[PDB]
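Just below is one structure, and these are the notes that go with it.
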Number of protein chains: 2
Amino acid sequence: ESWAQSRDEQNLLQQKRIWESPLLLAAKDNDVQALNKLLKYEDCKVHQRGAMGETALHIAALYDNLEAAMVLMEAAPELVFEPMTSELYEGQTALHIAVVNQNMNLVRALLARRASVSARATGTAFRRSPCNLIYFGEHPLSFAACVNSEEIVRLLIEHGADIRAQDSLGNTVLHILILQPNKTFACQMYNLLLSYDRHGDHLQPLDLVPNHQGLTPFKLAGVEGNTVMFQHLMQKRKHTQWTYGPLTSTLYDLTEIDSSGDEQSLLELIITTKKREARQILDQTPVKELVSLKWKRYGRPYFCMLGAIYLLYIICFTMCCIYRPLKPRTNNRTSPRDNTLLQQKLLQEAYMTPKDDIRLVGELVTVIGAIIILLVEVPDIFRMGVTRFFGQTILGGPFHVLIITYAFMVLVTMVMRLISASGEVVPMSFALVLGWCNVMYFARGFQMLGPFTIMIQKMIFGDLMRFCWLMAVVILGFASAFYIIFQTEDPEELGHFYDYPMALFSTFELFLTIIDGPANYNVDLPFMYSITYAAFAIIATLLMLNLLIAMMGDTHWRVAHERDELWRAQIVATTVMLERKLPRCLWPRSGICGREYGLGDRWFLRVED
Amino acid sequence: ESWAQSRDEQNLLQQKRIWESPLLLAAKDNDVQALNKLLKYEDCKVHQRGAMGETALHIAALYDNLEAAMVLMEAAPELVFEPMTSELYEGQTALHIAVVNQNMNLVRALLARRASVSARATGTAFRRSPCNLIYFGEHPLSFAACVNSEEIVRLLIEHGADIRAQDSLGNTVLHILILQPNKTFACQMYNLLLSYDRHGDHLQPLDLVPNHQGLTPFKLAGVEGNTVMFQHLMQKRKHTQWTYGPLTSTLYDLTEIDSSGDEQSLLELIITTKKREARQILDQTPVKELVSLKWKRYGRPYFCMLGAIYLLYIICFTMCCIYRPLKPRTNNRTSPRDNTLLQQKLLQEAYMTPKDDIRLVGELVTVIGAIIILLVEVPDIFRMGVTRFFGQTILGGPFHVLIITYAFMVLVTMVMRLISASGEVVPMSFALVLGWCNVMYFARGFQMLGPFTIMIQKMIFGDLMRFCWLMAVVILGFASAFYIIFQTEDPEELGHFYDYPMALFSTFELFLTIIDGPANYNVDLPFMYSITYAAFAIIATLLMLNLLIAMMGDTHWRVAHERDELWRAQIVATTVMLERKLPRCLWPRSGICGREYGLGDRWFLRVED
Ligand SMILES: CCCCCCCC/C=C\CCCCCCCC(=O)O[C@@H](COC(=O)CCCCCCCCCCCCCCC)COP(=O)([O-])OCC[N+](C)(C)C
Ligand SMILES: CCCCCCCC/C=C\CCCCCCCC(=O)O[C@@H](COC(=O)CCCCCCCCCCCCCCC)COP(=O)([O-])OCC[N+](C)(C)C
Ligand SMILES: CC(C)CCC[C@@H](C)[C@H]1CC[C@H]2[C@@H]3CC=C4C[C@@H](OC(=O)CCC(=O)O)CC[C@]4(C)[C@H]3CC[C@]12C
Ligand SMILES: CC(C)CCC[C@@H](C)[C@H]1CC[C@H]2[C@@H]3CC=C4C[C@@H](OC(=O)CCC(=O)O)CC[C@]4(C)[C@H]3CC[C@]12C
Ligand SMILES: CC(C)CCC[C@@H](C)[C@H]1CC[C@H]2[C@@H]3CC=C4C[C@@H](OC(=O)CCC(=O)O)CC[C@]4(C)[C@H]3CC[C@]12C
Ligand SMILES: CC(C)CCC[C@@H](C)[C@H]1CC[C@H]2[C@@H]3CC=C4C[C@@H](OC(=O)CCC(=O)O)CC[C@]4(C)[C@H]3CC[C@]12C
Ligand SMILES: CC(C)CCC[C@@H](C)[C@H]1CC[C@H]2[C@@H]3CC=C4C[C@@H](OC(=O)CCC(=O)O)CC[C@]4(C)[C@H]3CC[C@]12C
Ligand SMILES: CC(C)CCC[C@@H](C)[C@H]1CC[C@H]2[C@@H]3CC=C4C[C@@H](OC(=O)CCC(=O)O)CC[C@]4(C)[C@H]3CC[C@]12C
Ligand SMILES: Clc1ccc(CO[C@@H](Cn2ccnc2)c2ccc(Cl)cc2Cl)cc1
Ligand SMILES: Clc1ccc(CO[C@@H](Cn2ccnc2)c2ccc(Cl)cc2Cl)cc1
């Protein structure tokens, strides 16, 4: 908004300063005879700074004027050593500009005049931002690699441009190629820049240098969803054992792919990222066979065993609420609308029979199981982001909130049982609902229920929320109308709208048609009731069929191919989680280690095809 | 109907008069030896007028007879100065006909005989009508431009045909090209006719001359939805600042596009028009970035702020109806069907406690807010069309009617409160429903609810109306059958159909299944009831599933791509409305003005691409 307005004013201010400067105007439209006469007058301000700190050589490079750029260079060679000075294009020399324009006659002329090939374009328009259309890095090698200029990238390296140079983000030129929109040119420019890594004395290969986030180019291809660069980079990690007719046994390196646990791996990065195209990497041929085999061998048995424990635990909590201690009430009824018969016992009376001691066993099992949930969920999100990266795992998984909220409602029921507080049915009823609805976390391990259950998550976070905002507006209008229509009437015949919170709840139930329409037929109802309830019935039939259309076309050709891809992504997210919190004796590491096969200390996945 | 019948009889009358005239028949089938002998006899009626005022040169031009047309011209040259005289083809000379047929040998022969290139074909078959298949303008330059004849348009201009000539609609030849079905030939014929605007002494360029509606050719391309002519015309208004590799900074003129407020602009014309293809112009690259930036910067905050005020106002009106003054009834009940307990107070008793004065604050806030609605909606539609162009904005927006009807129902409740009239629940109940259902006007500002809420409008104005006409027919048959089946029975057991207005309302509720089927089981019902209610239940299950099919296929591949385009069109209609009624201090004008950048007094939108 405001900064994009400020960029627009500086770009218009650039064009004004070109027109009102006879030096800069001459370089824009290649009037070399105008370049002569301003130098015939005096050896004047070639140190004219424009709006973005332009010099006239920067103007001649931007508008692709060869002959205009020459006259600046013989008259003042020092303008090749000058960068732009403004905050928007800081550090950019005319070497950067001639490379991006692919003006090769100009960039040969600049390298003849020792133009600095290590100049860092550190301006704001060169950062990797949502508000910059290019991210070319900041070195002229990085700018040449992104414009697909195989001649200039050779020309700069043969004049001393360093292929080891990083940016403020730490991205080397191999990282920057992965961030490029034309992914096929990036593969050709990958191999050429990797070919100049002849040096076996630079301590580390170029494809193994991490950026400041600690990602290598291989791992950065997985995070960005760059499936084209991912398949290309993986062929360096293949090793074909044999070829038997149509058969081919291929051996995969599985080093940065597999979750080793010391550093964040390629499986962990893809699960925790916001790119939709990173999920496409899970179907690639090292990663697909890797995570499907550790699911079938070890992930799925340790998930169904972990669901059978949660099922027996939630039956144990359920029985402790069915058999909760209750005694007949003491006082008399305050009013004839008082429905209550029983009340909960105090702590002294709650354990005075042998049936109360079998319950006390299950209540302690419930308390312990709720603490263990808080011992494994509450600390392990503090080492992550407390609310933000936790909340980014809520859009990935809502069952983080639901089982923490379950375990809190249980310990609230414990504290209310200790201090003998009235109203234990409130935290119990939240916990029975939350604790049972957490069983459909375990629907993802079953191939029948798994894809069905993600479609729940898409429609609660989507279309059912769109419906409920417009439902609550219609309810607030009609519950208020139904309240005042029956505000004069006797409530002993038709009590649906007797006060305003019940009128509001009756209209919600009439909207969903889960209670019948109010009718007596023995008494006269207001005529305004039938007019209003007819209009209410049409608007509800409109909305509840609008939802059924909206839930439809969003979920047949839009997310039906996505729900099965997100089910396979939940298998990976479940397996990465179960491998992380279980010890190595329970989880044998995937692949086959070397060192007894001559392959090293790396772990290999053999895929026969 | 009648006039299309009259056109058909004149076209058959033309062919009869050709056959029974030996002059006109000879020119139709190119019998030049028959043309000789009628002139050998006498210098006879070459002034023969046919049915549409044809002469024989008009016949020879219509049937593409070169050699037949020559014999008319040497024998009588004055027939090139004659137009057709009938009302259907008035003004049409043989110059018009030879141009439309692209008979270039004939039109060179006519221009050799000083044929009038400024002749106005003002006949009814040349007007822009739904009942004419061509709109070619009315000058021979306009006819040449529409048949794609680049040779004849040069030939007429080099004989003196004026490119500044307008029609009865005021359309110059550049306007007429935009109205043409082959839009790609129109772009080539645009540039050629714009090339002959060498004259810098004709006070105004050809692309800047308005028609009688005040539209220029650029604005007429937006109104007609001519997206091909729109992109072509916009390239005259671009200005490329620089080109940096793949980047390009383009500067857009934004003069006739942006709502300046003095004259109707291109954004205002497209919103208020009935063409569906004009909505395609909103996705074009000056217009899309313009209206998305003024929505995100200024349109959406002033719309959510304006919805938060309407939400607090409608809660204030709601509480003033919940706490409406009511007293216990005075008289005794007229009958045991009288349900009423309370009645509304008179004006004297209505304000006699401190709780009635807090309500009086909110009641005055309600009265003032209803007048302000009538001060900003009722005058500003009178300056528009009172009912017609107002009603054309009802098919655009139904919330014009709904918030005017709300504000009327509030002031009716005020007048009923003043004169102390019984029955204030009737205008209150309409106003609670209307006032709350106007909150989903503000669903369009939210990207989640916006596309959902237009699908409400498509289905109430569409499929739910188709259902309700056929519902009311089925209800009127079965409520009448259910009335007479229980007409003999005792109503104290089953009172659903006790009189005819309740039988009609019960059948409506039984149709929508919002009340249960009438049953007693303690008494014998008529056997005709079970037969009828079974047939009623099948026909309702037929219809309510027919609707669910009809609401489906009309709204998945038919309007699902249209509902999102109509949501973006509502953003534009909301933004044009909010810019129009808010002052310039609240709304900073979009773009960047010139005059401090050497660009003039125009306002420019920079788009980097
Ligand atoms: C996904 C959806 C989420 C939203 C859920 C919201 C759904 C609704 C949930 C909650 C809303 C209701 C809360 C209060 C209800 C009871 C309060 C009460 O005690 O009653 C008192 C006040 O009664 C009133 O009339 C004041 C409340 C006006 C309702 C306006 C909505 C407020 C929120 C707007 C939000 C906009 C939402 C739409 C967005 C634009 C009076 O009632 P009584 O006891 O009968 O006394 C009669 C007087 N007598 C004593 C003289 C006899
Ligand atoms: C989107 C849909 C829009 C249309 C909505 C329409 C839906 C319906 C809405 C309104 C229609 C009903 C209006 C009158 C109802 C009550 C009148 C009354 O006082 O009752 C009296 C007359 O009762 C009758 O039988 C006469 C009315 C016959 C109904 C024919 C339809 C009229 C409109 C056709 C339009 C066609 C529509 C389809 C298009 C082709 C008698 O009733 P009673 O009190 O029981 O007295 C018993 C006699 N006793 C005293 C001897 C005991
Ligand atoms: C007295 C004792 C024996 C009671 C028994 C306790 C178990 C039934 C509890 C204790 C810890 C629980 C586990 C703690 C952590 C998790 C992770 C949790 O993961 C998510 O919900 C992730 C969210 C998402 O990705 O959607 C699923 C339940 C599970 C396996 C829990 C399953 C039930 C467990 C084993
Ligand atoms: C005692 C009552 C008042 C409890 C209060 C209601 C809410 C606190 C709870 C009750 C049931 C819960 C829901 C039960 C089931 C689901 C489905 C669940 O969807 C999935 O299974 C995710 C997709 C997948 O992993 O396959 C998302 C959470 C949600 C909506 C839960 C959200 C929180 C809810 C509404
Ligand atoms: C997003 C989904 C889960 C719900 C969609 C709308 C809800 C936010 C609203 C709409 C109608 C509301 C209900 C309508 C009115 C009432 C009565 C209200 O009254 C009371 O406090 C006591 C019970 C009574 O008197 O009815 C209690 C909340 C409740 C059930 C409301 C709970 C919240 C609801 C479901
Ligand atoms: C005592 C006072 C402070 C009461 C508060 C009054 C406001 C709540 C009212 C007064 C004027 C109203 C506005 C008058 C005009 C309009 C235009 C109206 O536009 C349409 O409905 C267009 C129809 C369509 O395009 O569908 C939407 C509501 C709105 C913003 C109204 C919103 C509510 C406002 C600000
Ligand atoms: C007290 C009772 C008897 C009131 C009488 C009923 C009608 C006078 C009112 C009640 C609710 C109104 C409806 C409430 C909501 C809508 C949705 C609305 O659709 C939109 O939101 C338009 C699309 C968009 O702009 O996104 C169109 C009008 C309509 C059908 C209204 C039409 C007029 C209705 C039926
Ligand atoms: C287009 C949508 C909004 C409605 C679809 C059909 C309506 C035009 C008709 C069909 C059935 C009609 C209802 C059926 C019968 C009655 C009873 C009638 O009786 C009375 O006057 C008092 C109440 C009673 O005795 O039932 C009042 C109107 C009402 C509700 C009618 C209102 C108009 C309705 C909804
Ligand atoms: Cl919400 C929900 C989530 C998970 C399950 C597990 O359901 C198990 C059945 N099962 C086994 C022991 N107790 C129940 C199951 C379901 C389907 C198939 Cl095809 C196969 C199996 Cl084994 C059930 C409901
Ligand atoms: Cl019919 C209808 C029309 C408009 C709204 C506005 O709803 C707001 C919520 N809100 C804020 C204050 N009071 C309610 C909202 C809805 C959805 C999303 Cl994604 C985001 C927001 Cl902020 C609600 C119902």
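We name chains A, B, ... by the order of the sequence lines, and we start the count at 1 in each one. Both backbone and side-chain heavy atoms feed into the values below; hydrogens, waters and symmetry mates do not. Just follow the structure's listing: the first ligand is 1, and inside any ligand the first atom is 1. We show just part of the entry here, counting contacts only within that part.
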(request) Match the molecule at ligand 10 to one of FT-2102, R1487, PF-06840003, R-talinolol, R-econazole. (result) R-econazole
(message) Can you point out the other chains with any heavy atom under 4.0 Å from R-econazole (ligand 10), by letter?
(response) A, B
(request) Write out the residues of other chains lying under 4.0 Å from R-econazole (ligand 10), heavy atoms counted. (result) A:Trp469, A:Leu470, A:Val473, B:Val439, B:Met440, B:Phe442, B:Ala443, B:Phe446, B:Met448, B:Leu449
(message) Just wondering which Ca(2+)-binding residues from UniProt for chain B are within 4.0 Å of R-econazole (ligand 10), heavy-atom wise.
(response) none
(message) I'd love to know the UniProt transmembrane segments of chain B, N terminus first, that have a heavy atom less than 4.0 Å from R-econazole (ligand 10).
(response) 4
(message) Would you check which organism the entry records for chain B?
(response) Homo sapiens
